[PDB]
4 protein chains.
Amino acid sequence: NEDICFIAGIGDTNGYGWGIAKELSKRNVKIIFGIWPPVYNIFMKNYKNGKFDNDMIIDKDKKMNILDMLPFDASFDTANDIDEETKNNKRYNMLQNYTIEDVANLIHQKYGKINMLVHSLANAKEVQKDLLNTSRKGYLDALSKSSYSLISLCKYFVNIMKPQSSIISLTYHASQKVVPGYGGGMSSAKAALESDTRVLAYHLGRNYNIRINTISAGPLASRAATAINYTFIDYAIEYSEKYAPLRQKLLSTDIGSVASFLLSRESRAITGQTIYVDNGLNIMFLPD
Amino acid sequence: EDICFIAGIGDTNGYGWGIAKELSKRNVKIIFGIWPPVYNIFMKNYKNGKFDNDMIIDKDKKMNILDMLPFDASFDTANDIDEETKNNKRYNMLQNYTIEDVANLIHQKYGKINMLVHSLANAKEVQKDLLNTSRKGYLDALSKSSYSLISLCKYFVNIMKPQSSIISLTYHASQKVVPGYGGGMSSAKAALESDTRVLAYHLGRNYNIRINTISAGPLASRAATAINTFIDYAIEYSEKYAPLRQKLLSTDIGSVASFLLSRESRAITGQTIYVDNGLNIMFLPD
Amino acid sequence: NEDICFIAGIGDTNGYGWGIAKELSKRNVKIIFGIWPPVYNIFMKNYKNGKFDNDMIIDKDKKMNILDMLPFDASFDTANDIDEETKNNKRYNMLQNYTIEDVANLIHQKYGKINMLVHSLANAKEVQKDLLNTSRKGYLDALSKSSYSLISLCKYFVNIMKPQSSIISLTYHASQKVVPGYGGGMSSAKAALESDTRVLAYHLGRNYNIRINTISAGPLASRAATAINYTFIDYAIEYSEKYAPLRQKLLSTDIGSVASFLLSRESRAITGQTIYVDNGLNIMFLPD
Amino acid sequence: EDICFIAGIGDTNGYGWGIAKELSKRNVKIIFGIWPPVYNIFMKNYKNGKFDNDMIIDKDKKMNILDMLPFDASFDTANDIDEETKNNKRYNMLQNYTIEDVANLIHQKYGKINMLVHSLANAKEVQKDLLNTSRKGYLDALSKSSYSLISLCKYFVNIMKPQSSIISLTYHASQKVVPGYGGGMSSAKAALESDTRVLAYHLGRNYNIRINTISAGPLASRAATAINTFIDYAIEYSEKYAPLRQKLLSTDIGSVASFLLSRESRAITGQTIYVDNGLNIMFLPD
Ligand SMILES: NC(=O)c1ccc[n+]([C@@H]2O[C@H](COP(=O)([O-])OP(=O)(O)OC[C@H]3O[C@@H](n4cnc5c(N)ncnc54)[C@H](O)[C@@H]3O)[C@@H](O)[C@H]2O)c1
Ligand SMILES: NC(=O)c1ccc[n+]([C@@H]2O[C@H](COP(=O)([O-])OP(=O)(O)OC[C@H]3O[C@@H](n4cnc5c(N)ncnc54)[C@H](O)[C@@H]3O)[C@@H](O)[C@H]2O)c1
Ligand SMILES: NC(=O)c1ccc[n+]([C@@H]2O[C@H](COP(=O)([O-])OP(=O)(O)OC[C@H]3O[C@@H](n4cnc5c(N)ncnc54)[C@H](O)[C@@H]3O)[C@@H](O)[C@H]2O)c1
Ligand SMILES: NC(=O)c1ccc[n+]([C@@H]2O[C@H](COP(=O)([O-])OP(=O)(O)OC[C@H]3O[C@@H](n4cnc5c(N)ncnc54)[C@H](O)[C@@H]3O)[C@@H](O)[C@H]2O)c1
Ligand SMILES: Oc1cc(Cl)ccc1Oc1ccc(Cl)cc1Cl
Ligand SMILES: Oc1cc(Cl)ccc1Oc1ccc(Cl)cc1Cl
Ligand SMILES: Oc1cc(Cl)ccc1Oc1ccc(Cl)cc1Cl
Ligand SMILES: Oc1cc(Cl)ccc1Oc1ccc(Cl)cc1Cl
């Protein structure tokens, strides 16, 4: 009764956010999407035109139920943070209550307290550049949008969450081992995120009895994954399917069912952890 | 039908039982492997109803135990048992309790299984610090606590379905110093965690079978009381300093095991997963 | 002949920068100090008034030789990055060539190419706040000054360094395990720094044959260490001296002699590494 | 005067020799512990001047070797040698080669030492994958490659000065899967790295003695050629993909060992230090 999850970072059905929504929907969790304003209207129109109907089919006995879909920008902590330019920009002008604080307030006002929170977003202006060639501003952009946004989400959402709630984010192994092409300070951002997951786990655990973990996912041909540049993601997938201990296609719903477990009471003694869902690729040193 | 063999249950106070309870919730059939020295007292307590309250899952269900078999992880095959054991009071009345014999017996009675739990450890010199542990004591720890996992996998893969899943239990003393966790137990756990990776590679590639290990926080089990109030200290420190200040239950480990043993976790393998209320993340007590 | 080291982050004789200078000076490496403008004039006056004379004594057979002392602010990559306000500020107005690019240029013009580089600096406006309570701006400040500054230093100094040169920075274990009181995103910054050390090691190793490592140091009662708030550092030191495998006072020159090794040819097969110099405290789980 | 015992030199092509060379540079007196099966061929090659070119440090200096003694890390004390070894062709002509006997002999001839190097490993089933390794094969790997370090420490601390330093060599297969590194060698290295921490605690607190381990990249030593062209592949892959694309030399490991064994590193203990041209940091070949 009333397992409600906010998923921050869905723009289509091709990423981990959607796989997570599907698996949770399967367990009858109510789902609220937080959608970035640059893609929000296109997502809504597609949704309304039934473009996602096939993708919403669970077992053909069940179909996903989505409780709400809200414009959301993890760049802005409160309304006072929004620069006049953004506020007035073509894609933002007609939207409201999309900062982290406002969206938590809106969710609370409409549905009461929630018990599950998903951070499924990242961004970096200079992702295409190697770390050495990343500018101060590009690096800080990657940290701001990909890492600090988690801390802020936690800060504002803990107020609208029940004790024993659970929070997850997504990370990538480039934080711990070198992945050429994962540029722009994304590796730095993921390293910060994994460390912040531990520190937040301490504070949230002690003060709120709330858990936080992160899933280190293997490669998935999402929309963001193309932004990296056959392309970077095509090589990653090919390499993973050839060399992982489990040689099988990694699905967004593989991450989804792990997410679902971490967000449930079944994982109540797990917190502060980086959990690898990557067909075991992370354990390998030397290829065959 | 799901069937899980759980090697290392002696009573209802350890992690093996909590894992059994949680799997039972999900309608998994459970087979216990019981160390022969305690096999007859276990059967007696069970028959006398000592475990009845511990078997209740809820209003609806009671634990279904498919079978309970003697199992000694010291011995790979029938040929490995020495005379002194053959002659032992608690062994002479039992049979087919080597790792291979148990695999063959389960397969013959019940067919193929799809879940395997290693929940056992031993070290005859656990009360000595590592520096004062003898070669025989150290190798005993590795033999009983680490190699037993490899042997379990070796003999059991033949009786397991593709997409089966295996777990063991470990402890953070492998990675950081726990004074008191002596006799090469820290060594054995480090080997277990590394072996979990290497086995994940061979089992995943050859059989599409997953293997992970759960690094559990402290629980006042029978084996824990043999370390030297060590466990009293560990539990008190964990409950005081862990990010989550709730009592760690065997079923907290059990529900994670159940997930790792299910298809829900089909993309996780070779991993050490911490189920310890977050204690492992702390650097210094606040 | 001509082992020259630039040490970025010395403001007095109480920190790791000074211990590193001493140990290198011991091996006859020439030392150039990069001194932050807020403390630069006070450092120079103290130096000129002989206040550091005792602290410069090596074995009483030898005394430290300092080749140069340059104003340096790791906040600014190039002259074009300096805001008009800073440029005109009381402490900056009378200084020149203190951005990362300008200082590399100046060093090159005066002394030619160098072969050793030390990043011994960190800053975070909100260090006193817990991570959960750190603002976006405070967090980005910590990353900018403590982590990105390393990348930028590398980017500009690789041009004035010889092949087979070596770079080190300093980090702290709070990046990997939770240290309450290490706030403001300093833990996040150190996690980024350790990850960036690997990524830089790849690029610098492959393109320049230059090594980079970081030293994870135990507690030292430096000036910065008081900024954290008996205080945070007093407890850290007390705890380290009581519980480390080696129960002995950790000296800045203990870090210095490790730094010196990492910067020398003796460590030519080590790169991308986080090296712990902390009397072994990091290996402990449970106290006695 | 500094004196270092180096256990595990068989010829001039391994890490033991490179460590000996580098310590010699710093005027450390060197004592070799040589596995009895190869002790007589080593002495013969040495006398015949086979190693003369390898002993040159430079224009100035030649390696000073204080002594060369038979040493078998399989045996803790005289009582541990079985008859079959006593009767063996290559052992019967040698004596005082157990770990305790060597410590006693060195102490009696030369007094206290202050540097100790464990540079040895063995595993009779190295060519089998972990899953197919027998209990006896696995325990042999742990016995010879891991427990030998604990025993070395146990017997040698008595003959060492306070502020002494100990190192061993390990390999990244303990932490990440290297197909080919079989027979429980990966297991033994994981135990070695964990044991390095636990020993650092006991040795640091009780004796103020430091212990670290160097995780080395691949070198075409004698033992390396026994793994199954494995080493040819490892070296080629390392030289192609490591951040530093220079040939890894035994003396690259030797200069790190020398530093860790000196007072320069007085604040480092319980650590695994990677000396591998940075290869360990890479996630996937570019
Ligand atoms: N795709 C992979 O292969 C892969 C591998 C490891 C980790 N991950 C992680 O998974 C997460 C999801 O990425 P994905 O691969 O599903 O791509 P995706 O495009 O499906 O997810 C990213 C989403 O975040 C949203 N977003 C971007 N900036 C935002 C902002 N400022 N505020 C609010 N929303 C914003 C975008 O609209 C986008 O829909 C990422 O954090 C990524 O780091 C992905
Ligand atoms: N209890 C804790 O605090 C704790 C913390 C971390 C990990 N663990 C791990 O969990 C696992 C279960 O232990 P536990 O804590 O439940 O104690 P337990 O006594 O409940 O379980 C250990 C069982 O192993 C069995 N056993 C011992 N030697 C055997 C052999 N040669 N062959 C077959 N069985 C043998 C014993 O009969 C015993 O029942 C162990 O591997 C332990 O290392 C326990
Ligand atoms: N002190 C400790 O206990 C300790 C423990 C672990 C790591 N460290 C690390 O060692 C390094 C040195 O710190 P410390 O403890 O010696 O304190 P410190 O005060 O001696 O060193 C910090 C110096 O950096 C300089 N600095 C600050 N911001 C700067 C900027 N924008 N540009 C140029 N210089 C700037 C300051 O002038 C200061 O002198 C730090 O990076 C710290 O993270 C210190
Ligand atoms: N060569 C590599 O690529 C490499 C990479 C990482 C680590 N290492 C480690 O470096 C160490 C040295 O090995 P190496 O590569 O120089 O090969 P090596 O053959 O030069 O050295 C191994 C030595 O150990 C000795 N030995 C074997 N069993 C013994 C016993 N029971 N008692 C005493 N001595 C025994 C052998 O005589 C041999 O001389 C090993 O521990 C190895 O694990 C080597
Ligand atoms: O983290 C990721 C890892 C992989 Cl392998 C693929 C995609 C990922 O996700 C991103 C990568 C870069 C940027 Cl700018 C934004 C996002 Cl969402
Ligand atoms: O690994 C453990 C860790 C803890 Cl904190 C408590 C009990 C544990 O389990 C054991 C410890 C020592 C031995 Cl000899 C046997 C077992 Cl089953
Ligand atoms: O990193 C550190 C770790 C410790 Cl234990 C003590 C001091 C440290 O150094 C700093 C800590 C915070 C800030 Cl704002 C600046 C600096 Cl130089
Ligand atoms: O550990 C090693 C790692 C590598 Cl890459 C190469 C050689 C090594 O050394 C050994 C490997 C196996 C055995 Cl049986 C004995 C030794 Cl000395």
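The chains referred to below are lettered A, B, ... by the order of the sequence lines, with proteins before strands, and numbering in each begins at 1. For this deposited structure, the header notes the method as X-ray crystallography, 2.0 Å. Both ligands and their constituent atoms are indexed starting at 1 by order of listing.
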Engineer: I can't remember which of caffeine, triclosan, oxitriptan, alprenolol is at ligand 8. Can you help?
Structural biologist: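 That would be triclosan.
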Engineer: Which polymer chain has more close contacts with triclosan (ligand 8) than any other, using its name in the PDB entry?
Structural biologist: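 It is most in contact with Enoyl-ACP reductase.
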Engineer: Which other chains sit close to triclosan (ligand 8), with any heavy atom less than 4.0 Å away?
Structural biologist: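 Heavy-atom neighbours of triclosan (ligand 8): D.
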Engineer: Which of the atoms in triclosan (ligand 8), numbered in the order shown and given with their element, are less than 4.0 Å from a heavy-atom of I231(D)?
Structural biologist: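 Result: 5 (Cl), 6 (C).
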Engineer: Taking atom 14 (Cl) of triclosan (ligand 8) as the point of reference, which of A220(D), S119(D), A123(D) owns the nearest heavy atom?
Structural biologist: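 Closest candidate by heavy-atom distance is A123(D).
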Engineer: Would you mind checking which non-hydrogen protein atom is closest to atom 17 (Cl) of triclosan (ligand 8), with the distance to 0.1 Å?
Structural biologist: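 For this ligand atom, the closest protein heavy atom is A223(D) CB, 3.3 Å.
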Engineer: Answer with side chain, backbone, both or neither: which part of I227(D) has a heavy atom less than 4.0 angstrom from an atom of triclosan (ligand 8)?
Structural biologist: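 It is the side chain that touches triclosan (ligand 8); the backbone stays farther off.
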Engineer: What source species is given for chain D in the PDB entry?
Structural biologist: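 It's listed in the entry as Plasmodium falciparum.
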Engineer: Of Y181(D), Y233(D), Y171(D), which has the heavy atom at the shortest distance from atom 5 (Cl) of triclosan (ligand 8)?
Structural biologist: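 Minimum heavy-atom distance to atom 5 (Cl) of triclosan (ligand 8) goes to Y171(D).
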Engineer: Which residue owns the protein heavy atom closest to atom 15 (C) of triclosan (ligand 8), what's the atom, and how far is it?
Structural biologist: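 Going atom by atom, the protein heavy atom closest to atom 15 (C) of triclosan (ligand 8) ends up being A121(D) O, 3.4 Å.
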Engineer: Heavy-atom contacts with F230(D) under 4.0 Å: which atoms of triclosan (ligand 8) show up? List them by number with element.
Structural biologist: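 In order of number, 5 (Cl).
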Engineer: Quick one: look at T170(D) and triclosan (ligand 8), take heavy-atom pairs under 4.0 Å, and tell me if it's side chain, backbone, both or neither.
Structural biologist: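 For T170(D), no heavy atom sits under 4.0 Å from triclosan (ligand 8).
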Engineer: Write out the residues of other chains lying under 4.0 Å from triclosan (ligand 8), heavy atoms counted.
Structural biologist: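 Counting heavy atoms, the site comprises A121(D), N122(D), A123(D), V126(D), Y171(D), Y181(D), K189(D), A223(D), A224(D), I227(D), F230(D), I231(D).
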